[PDB]
A.B. asks: 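Sending over a structure with bortezomib (bound form); questions below.
Numbered from 1 within each chain, the chains take letters A, B, ... in sequence-line order. Shown: partial entry. Contacts: counted within the shown part. Just so you know, ligand 1 is whichever comes first in the structure, and atom 1 is the first atom listed for that ligand. FYI, side chains are in, hydrogens and waters are out, and symmetry mates aren't considered; it's all heavy atoms of this structure.
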Amino acid sequence: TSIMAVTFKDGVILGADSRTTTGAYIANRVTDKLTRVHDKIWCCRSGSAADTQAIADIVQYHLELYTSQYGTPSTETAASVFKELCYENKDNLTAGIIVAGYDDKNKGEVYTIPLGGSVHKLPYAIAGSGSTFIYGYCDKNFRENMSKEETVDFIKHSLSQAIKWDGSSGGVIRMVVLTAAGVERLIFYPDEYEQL
Amino acid sequence: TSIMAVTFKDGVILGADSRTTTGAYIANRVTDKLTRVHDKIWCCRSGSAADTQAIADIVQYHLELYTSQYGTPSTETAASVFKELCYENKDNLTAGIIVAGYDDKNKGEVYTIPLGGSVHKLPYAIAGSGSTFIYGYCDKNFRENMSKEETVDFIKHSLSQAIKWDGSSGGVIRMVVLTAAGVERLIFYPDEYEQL
Amino acid sequence: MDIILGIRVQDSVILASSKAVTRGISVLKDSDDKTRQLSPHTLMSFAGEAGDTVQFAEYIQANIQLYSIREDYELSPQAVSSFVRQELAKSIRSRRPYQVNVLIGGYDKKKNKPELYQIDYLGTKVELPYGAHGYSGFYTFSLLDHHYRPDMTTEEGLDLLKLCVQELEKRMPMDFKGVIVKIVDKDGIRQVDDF
Amino acid sequence: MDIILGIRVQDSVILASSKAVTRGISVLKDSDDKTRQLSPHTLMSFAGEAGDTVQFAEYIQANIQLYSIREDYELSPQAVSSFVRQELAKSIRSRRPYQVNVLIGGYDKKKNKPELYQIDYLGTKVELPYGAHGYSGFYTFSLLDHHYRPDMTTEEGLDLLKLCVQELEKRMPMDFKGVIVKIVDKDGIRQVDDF
Amino acid sequence: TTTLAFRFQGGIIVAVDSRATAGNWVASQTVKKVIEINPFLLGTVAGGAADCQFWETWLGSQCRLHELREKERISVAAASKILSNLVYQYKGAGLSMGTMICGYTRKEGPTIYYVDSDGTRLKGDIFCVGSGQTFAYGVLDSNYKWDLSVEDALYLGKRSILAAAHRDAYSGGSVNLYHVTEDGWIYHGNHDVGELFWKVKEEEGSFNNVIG
Amino acid sequence: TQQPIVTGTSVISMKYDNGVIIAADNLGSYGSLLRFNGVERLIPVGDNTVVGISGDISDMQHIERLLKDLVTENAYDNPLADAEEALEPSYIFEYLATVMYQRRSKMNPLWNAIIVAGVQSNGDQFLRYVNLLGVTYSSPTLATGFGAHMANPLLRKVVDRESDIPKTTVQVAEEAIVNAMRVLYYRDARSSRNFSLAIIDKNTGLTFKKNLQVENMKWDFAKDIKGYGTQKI
Amino acid sequence: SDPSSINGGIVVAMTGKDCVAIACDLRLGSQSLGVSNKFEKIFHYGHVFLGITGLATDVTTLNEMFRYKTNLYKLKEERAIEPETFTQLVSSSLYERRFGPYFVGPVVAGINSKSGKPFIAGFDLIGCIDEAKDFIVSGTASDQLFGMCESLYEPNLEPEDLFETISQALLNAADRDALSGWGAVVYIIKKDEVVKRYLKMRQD
Amino acid sequence: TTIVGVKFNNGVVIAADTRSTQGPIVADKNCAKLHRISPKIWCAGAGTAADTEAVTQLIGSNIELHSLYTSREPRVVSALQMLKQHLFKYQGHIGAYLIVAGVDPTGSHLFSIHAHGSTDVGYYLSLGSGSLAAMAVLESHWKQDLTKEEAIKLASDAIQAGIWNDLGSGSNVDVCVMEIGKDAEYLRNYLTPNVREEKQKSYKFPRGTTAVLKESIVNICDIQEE
Amino acid sequence: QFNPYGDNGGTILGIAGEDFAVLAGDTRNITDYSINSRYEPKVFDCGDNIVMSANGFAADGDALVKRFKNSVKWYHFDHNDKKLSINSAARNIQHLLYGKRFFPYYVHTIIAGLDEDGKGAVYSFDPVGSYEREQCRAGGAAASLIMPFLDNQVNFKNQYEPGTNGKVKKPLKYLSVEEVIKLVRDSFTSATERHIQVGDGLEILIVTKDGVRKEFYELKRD
Ligand SMILES: *[B]([O])([O])[C]([C][C]([C])[C])[N]C(=O)[C]([C]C1=[C][C]=[C][C]=[C]1)[N]C(=O)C1=[C]N=[C][C]=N1
Ligand SMILES: *[B]([O])([O])[C]([C][C]([C])[C])[N]C(=O)[C]([C]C1=[C][C]=[C][C]=[C]1)[N]C(=O)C1=[C]N=[C][C]=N1
Ligand SMILES: *[B]([O])([O])[C]([C][C]([C])[C])[N]C(=O)[C]([C]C1=[C][C]=[C][C]=[C]1)[N]C(=O)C1=[C]N=[C][C]=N1
Ligand SMILES: *[B]([O])([O])[C]([C][C]([C])[C])[N]C(=O)[C]([C]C1=[C][C]=[C][C]=[C]1)[N]C(=O)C1=[C]N=[C][C]=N1
Ligand SMILES: [Cl-]
Ligand SMILES: [Cl-]
Ligand SMILES: [Mg+2]
Ligand SMILES: [Mg+2]
Ligand SMILES: [Mg+2]
Ligand SMILES: [Mg+2]
């Protein structure tokens with residue numbers, strides 16, 4: 001799995017491959033690892049498909065009930081609900097989740113939640129098996145306050161390399177853009193990103 | 001360990017960190033992992049220090065005896081002697097070796113020999129625990145027929161990132177330049193490469 | 001414990017049970033009675049893990065004695081054996097199962113017939129003409145297959161039982177210190193003091 | 001095998017050895033002689049793993065008999081015991097060690113003294129007034145500690161030995177089917193046929 | 001450990017050693033392995049030191065509560081069965097106990113019960129319990145009779161412990177003697193093995209193997 | 001029972017004449033991967049205590065929230081919350097020490113080693129250690145992990161026993177801590193150059209220093225080292 | 001299972017003024033079972049004394065081995081071996097079995113016949129030489145012996161005083177060990193006379 | 001164990017503590033961990049005591065024969081090569097962890113050797129259970145162009161750090177200095193900062209306190225004439 | 001796997017005099033081959049003229065001492081400020097220890113004080129609550145080194161009277177507080193020499209009818 005979330009001037013963009021594997025067999029080559037817990041709060045999922053789904057489903061329920069009582073939740077709040085589940089059930093879960101959201105007050109924010117259940121607020125985050133191969137690239141090429149087009153290219157190039165080297169990662173590069181304008185879904189196919 | 005060898009216009013350059021570790025303790029922070037098996041045939045060593053030393057010592061003996069009988073050996077020949085040792089004793093060895101050399105006929109050549117004992121001739125090669133983090137960077141930034149100054153910068157930037165992320169790698173960045181001009185040793189300290 | 005035998009003849013049931021109690025390396029006792037009277041015409045012998053054997057036997061005894069008082073009536077050997085089996089069948093899927101094998105010899109006063117039931121610790125019940133638990137059967141069943149006749153007298157049953165004990169004393173490695181023999185018939189339960 | 005005893009008295013050595021041979025669940029034999037005459041005035045009893053015991057005993061016997069012919073002379077019990085110990089000490093660090101414990105009872109014709117040596121499979125030699133291998137000593141050493149006086153006659157030694165065998169027959173779990181007793185003195189080796 | 005108890009004409013003899021070990025290390029030579037439950041009940045301890053003390057001390061509390069409730073001393077059978085039923089609840093948990101419950105009552109006479117952490121409960125005339133039990137059995141079985149004088153029976157029990165104290169590495173220290181009668185138990189002193197051995201060797205003429 | 005995932009390395013500390021110093025690098029390691037480079041592992045509680053935590057970071061964050069909640073709870077129905085009935089280092093420590101031992105006793109430990117450094121109401125220096133097993137001890141110098149093996153020896157050359165504490169100034173103590181941090185960067189494979197340092201003085205109060213770096217490092221001699229024995233070039 | 005503690009036993013050596021003392025218990029057992037109370041663990045080759053604890057078969061084997069070697073030494077050298085030389089011979093012999101060792105704790109004691117200097121030495125099972133000035137301990141009650149020796153011992157003791165110190169060190173150490181005791185022997189060694197004393201101790 | 005090596009202006013110095021331990025027990029309080037391979041090549045040893053002794057003796061013996069064969073003074077690299085190849089052959093089972101130092105016609109040298117047969121070069125080195133305490137001192141106080149007096153001080157200070165802070169190390173400090181164009185000086189018990197205090201009491205017993213059974217003279221002399 | 005136990009080393013020693021008692025213990029605290037503290041008090045005054053030390057795993061040791069001190073407090077509340085006698089304290093501690101029979105306090109406990117007749121008393125415990133009154137007891141890491149020395153020098157074991165040769169034993173004369181403290185100090189000096197987990201400092205608590213007094217002595221720091 002190769003997943004990443006990157007903050008930029010207008011908000012935040014989530015990025016992911018589309019490969020699900022049972023060992024060396026690709027069980028699903030068109031998986032959607034970018035999943036919605038609220039209107040403008042999404043997450044990238046890595047690790048167990050069952051665990052991350054069950055977690056995400058529970059978070060979406062909590063934030064839906066939060067909204068009915070207290071209005072729209074912050075991205076930090078969403079990350080805290082993810083953490084609470086991941087931390088308290090750490091013995092039985094294998095879930096690496098990146099939470100990303102857009103407020104009007106806080107703008108684009110990214111929180112990463114690795115296996116342990118700890119929370120880390122970052123400008124950008126990378127995770128999944130394939131992320132190991134792009135720590136060098138991402139660190140060298142990331143800038144703060146990038147444009148939308150630059151951030152899309154940064155994620156596209158990054159995940160392209162992660163896919164190239166990681167067997168567990170592949171298929172299409174899905175992306176989700178979170179800004180004041182709304183929610184935009186992007187997709188990039190092998191023929192496009194492999195030649196980069 | 002972060003090691004790499006890169007061919008360029010005038011020949012080939014070997015690069016390495018200087019960290020030797022017993023678990024999390026750094027047993028030696030100024031190790032020389034670039035070692036000489038012949039005048040202009042060197043190697044980068046990764047894995048067991050004892051194994052790679054014993055192997056390198058035996059190879060140097062074989063190439064010294066080769067030279068006394070048949071004159072200067074090719075880089076391919078040196079790689080074959082490394083392979084023979086690594087392959088036939090694969091059950092008892094933990095050695096990841098990159099062989100690099102300069103002929104006048106063949107110019108700069110690089111052969112990588114991973115755990116299995118297989119041989120792979122490449123334009124450039126990376127190895128050691130820290131190499132995982134720079135597959136993305138190195139693939140994106142490598143060009144063939146670079147200049148000496150460009151190749152030094154490419155290795156410096158690459159190993160800098162590998163060191164940054166890999167705990168097993170660190171210390172100084174040693175380099176060895178192999179050209180028709182001769183053999184040049186380069187060293188780069190933390191204050192220089194960390195700020196890159 | 002070690003060896004427990006049973007044989008149903010014409011008009012009675014005979015239960016033979018070893019006297020030895022061995023812990024590890026020493027024979028602590030050579031006169032141990034491995035049986036309990038459940039009712040006037042029903043006797044249960046037992047063998048298995050230390051502690052569990054007696055604890056189970058006395059527990060069963062108490063329950064049957066309680067039934068006898070409540071109803072002022074003796075349960076049939078078949079009824080008692082079914083109760084015992086259910087307890088063991090319940091036991092086997094418990095946190096800590098009773099590790100006990102039993103023989104239930106009884107005389108049914110209604111049908112005027114002797115009855116012998118063999119039940120293992122899993123709750124495996126079988127009615128038999130002759131039975132045994134543990135390594136005893138490996139030696140004795142072949143003898144009983146040959147000599148047994150269903151119409152034997154009690155004296156003939158005891159002679160056949162002696163032939164079983166002699167074979168066990170010859171070929172078994174463990175010294176079980178002889179057996180206590182008890183007869184169950186229409187007149188009740190009695191012990192053969194010389195064997 | 002199971003129980004082997006030894007007792008050195010005034011003018012002789014007495015070795016008692018069980019007759020039973022048990023394999024798993026059956027006593028295959030009840031008249032097995034667990035001893036070999038190494039020389040006219042030296043006897044070795046043995047116990048340990050099946051096969052190894054006899055194979056070792058006969059091997060030692062052959063070597064001592066070979067020495068006797070070559071030199072036309074009988075080795076002292078001390079000399080024989082030292083030879084046996086070295087073989088076992090050599091054996092313990094072999095690919096497959098001899099799993100055999102032995103008692104060597106002999107009468108030294110030079111010194112006119114009986115001698116009893118106890119050697120285990122590791123090659124641990126000790127000269128003793130009385131000895132045993134396996135679980136036998138746990139019962140018998142306490143009796144021998146009490147009753148043994150060194151100036152005892154052969155008849156008194158046999159009575160003391162009977163008291164040891166009686167205690168073993170009372171408290172040991174395994175039926176070892178009695179013992180074969182042999183006496184080693186100035187006149188040589190003989191077997192007590194009634195015990 | 002070596003503990004024994006046997007019935008005879010003059011009631012019951014109880015004899016125990018005093019050693020406690022942790023591996024090869026001798027932890028104590030002065031351990032009280034007889035527990036005075038009441039003026040008529042004794043308990044011997046063998047195996048786990050804490051298990052035996054705690055539960056035999058506890059047993060005395062249960063026996064006291066019985067005679068408060070029933071206005072009558074507890075029987076040896078009932079006292080032993082309280083302990084055996086208790087340890088049976090803890091079966092599998094890893095309790096390590098080998099005990100004799102010794103006493104006298106009018107209805108029972110002199111009685112000995114062997115109680116075990118496996119749940120074994122046995123009535124009997126003679127018992128030896130512990131790592132050195134086999135050594136004690138040797139002396140006891142060869143010299144036992146019903147018609148023994150209190151004086152001779154006491155010596156036999158003392159001598160049987162000595163035999164085991166000598167041979168068994170995990171037994172020793174000293175011998176505690178008790179004599180249980182119709183009118184209750186009587187303590188007969190602590191006998192150090194270091195002095196008792198040489199005394200017995202000389203007077204009895206035994207242990208001719210050892211040099212002294 | 002668990003295994004630690006994201007981990008923090010050594011926390012080092014020592015007493016000096018008027019207070020205590022504590023330091024810990026800003027790294028959150030993920031095995032051999034030096035994953036997170038901006039982790040604060042010194043957490044102040046009021047203006048008189050600093051808790052330095054090593055080991056599992058997720059459990060550290062849990063402990064961080066417990067302390068935050070402890071301050072809130074202490075303020076409830078407490079007019080002297082910022083005066084006589086303010087939280088003491090000894091109170092904060094004992095609370096943690098209770099929690100750590102309770103959690104180990106339920107076979108579900110907080111996988112940490114903790115050093116509570118601070119100054120009491122009466123001006124006494126407080127410095128005590130507690131870890132996942134609930135083990136506690138105090139000493140003029142305290143260190144966790146690799147610090148125990150490398151920092152303590154250096155810090156004990158400054159304050160070897162109790163009578164050395166009044167003789168040690170804040171400048172000498174800080175110098176020793178900063179030197180120890182450099183040594184750990186040379187030799188601990190799971191350390192970083194960036195670190196935080198906190199001083200709790202009975203006169204000048206709590207001084208919290210962020211974004212410190214290891215400097216004045218010796219590497220030049222590396223150029224002269226060639227091969228592993230016989231090699232000359 | 002552990003070879004060094006199947007049979008049990010202890011040896012202790014001490015230096016005094018112009019004298020050395022070596023002592024050992026007499027027990028040989030099979031774990032809990034006591035077998036022999038006459039198993040001496042101190043041997044001598046000329047004026048050099050060797051005490052050996054550990055596995056009894058090896059104790060016997062090594063004794064026979066060093067007798068073998070010291071006898072050949074003497075025939076060729078035309079003189080008795082000295083304690084310093086013998087110590088080296090023990091070390092050499094033990095280390096040649098580096099990866100299949102004799103399970104023993106040897107202890108050398110004696111006086112150099114030429115210099116008159118008292119000498120003691122201890123070894124681990126693979127030949128490491130511990131050449132102590134004060135005392136050497138070995139066996140299953142080595143901890144106990146260390147505690148006794150470290151407290152009781154003082155330098156330059158006279159032969160008859162040294163006897164009391166080493167005896168009390170052995171006896172009280174043995175009494176806190178289940179696998180040691182059953183009698184004891186003490187050798188008092190001077191340049192040209194050696195006295196051997198059997199001690200009276202508790203037989204449990 | 002704490003062993004260290006420190007290069008200086010005109011040579012090299014090695015040092016070591018003197019504690020040997022079997023588990024938590026101190027087997028020897030004044031153990032000699034500095035071994036002589038040849039007159040001007042010495043090495044400090046850590047790990048298994050018999051192994052460091054034996055491996056040093058063997059290589060030292062062969063170095064002596066080699067020196068006689070070649071009519072040349074032995075070199076540190078020769079000892080280094082012979083040691084590493086021996087240890088490597090035995091795959092770490094020979095538990096010798098060595099700091100090898102010395103002076104020869106090529107110059108002054110300092111190396112380390114691990115049980116698996118890997119070698120390292122340095123100006124300062126430390127090995128053993130107290131190597132972290134020692135290396136902390138070396139990393140804090142070492143500099144280039146040390147004098148002989150400064151190197152001995154630094155080396156002994158590094159050992160002391162081990163002695164005090166590491167339970168596996170203790171007692172005394174042994175030093176050996178090997179300077180170019182000079183005899184190597186072996187300073188046995190250079191420092192002695194752990195002398196035991198006077199005991200409160202004397203435990204000398206009254207003669208006849210111990211109970212005796214038998215006495216006898218032991219014949220140590222040969223078979224006699226006449 | 002998580003191991004809930006550890007070993008903090010150290011060693012303790014209790015000796016019962018005729019009208020006094022001492023409980024001594026070293027002040028070193030360790031894990032593996034590292035020193036945690038050179039002065040970490042191990043022997044505690046628990047009130048009612050009782051001193052206590054729970055040597056072994058310090059976390060369990062501190063927990064036990066804490067819980068016993070608590071038991072003394074509640075004994076006063078529940079029983080009209082009655083003084084807890086040393087024998088009663090010992091039995092109470094047995095129940096604390098055996099309470100965790102199946103997850104033990106990994107400690108060797110020793111308490112010291114005076115019995116109800118005013119004589120010196122030392123009680124010793126195993127980890128699961130077995131206890132026994134003794135005149136003399138060393139506990140912890142170096143207990144194997146110290147106990148034999150005490151059998152010899154406190155109870156006069158294997159010591160006889162000159163001239164008689166093994167016939168007459170040395171009489172069991174009582175020891176004064178000055179004589180006991182000498183034996184304690186020599187015991188710990190000897191233990192420090194041959195045991196790596198023992199050293200740094202020795203702290204002794206002396207209990208008499210007048211109260212609880214403390215004495216501290218330096219030990220070797222290597
Ligand atoms: B990715 O490779 O981590 C991916 C993310 C997931 C949310 C779709 N995980 C998987 O594909 C996992 C296996 C795995 C690979 C690498 C690390 C951890 C886990 N696959 C499944 O969980 C799976 C496979 N087949 C069917 C159902 N679930
Ligand atoms: B590098 O980290 O792979 C490095 C290369 C070596 C030639 C110096 N290896 C080591 O440092 C190894 C450990 C190791 C780390 C990572 C992968 C494989 C192996 N160290 C040693 O072999 C070593 C450590 N201490 C003493 C001696 N040898
Ligand atoms: B005895 O050997 O059974 C003895 C009786 C007990 C009451 C002291 N038991 C022990 O000595 C046991 C160990 C043991 C040895 C042999 C067989 C069974 C058990 N020791 C302890 O219970 C113990 C208690 N506290 C400290 C040290 N040892
Ligand atoms: B040091 O602690 O590394 C030291 C150096 C040695 C050369 C004297 N090592 C030892 O003291 C070793 C520790 C050790 C214990 C057990 C197995 C392997 C290593 N001690 C011994 O080798 C030792 C122990 N007892 C007697 C003799 N030698
Ligand atoms: Cl999915
Ligand atoms: Cl290397
Ligand atoms: Mg790094
Ligand atoms: Mg034997
Ligand atoms: Mg003993
Ligand atoms: Mg010490």
A.B. asks: Counting duplicates, which ligands or chains stand for bortezomib (bound form)?
C.D. replies: ligands 1, 2, 3 and 4
A.B. asks: Which molecule here shares more close contacts with bortezomib (bound form, ligand 2) than any other chain, as the PDB entry names it?
C.D. replies: Proteasome subunit beta type-1
A.B. asks: I'd like to know the other chains touching bortezomib (bound form, ligand 2) at heavy-atom distances under 4.0 Å, if you can.
C.D. replies: B, H
A.B. asks: Which atom of which residue carries a covalent bond to bortezomib (bound form, ligand 2), or is there none?
C.D. replies: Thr1(B) OG1
A.B. asks: Please indicate which organism the PDB names for chain B.
C.D. replies: Saccharomyces cerevisiae
A.B. asks: Quote the name the entry uses for chain H.
C.D. replies: Proteasome subunit beta type-2
A.B. asks: Which residue from the UniProt active-site annotation for chain B is closest to bortezomib (bound form, ligand 2), and what is the minimum heavy-atom distance to 1 Å?
C.D. replies: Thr1(B), 1 Å
A.B. asks: What are the neighbouring residues of bortezomib (bound form, ligand 2) within 4.0 Å, counting only heavy atoms?
C.D. replies: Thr1(B), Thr20(B), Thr21(B), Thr22(B), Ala27(B), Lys33(B), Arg45(B), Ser46(B), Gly47(B), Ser48(B), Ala49(B), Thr52(B), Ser168(B), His114(H), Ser118(H)
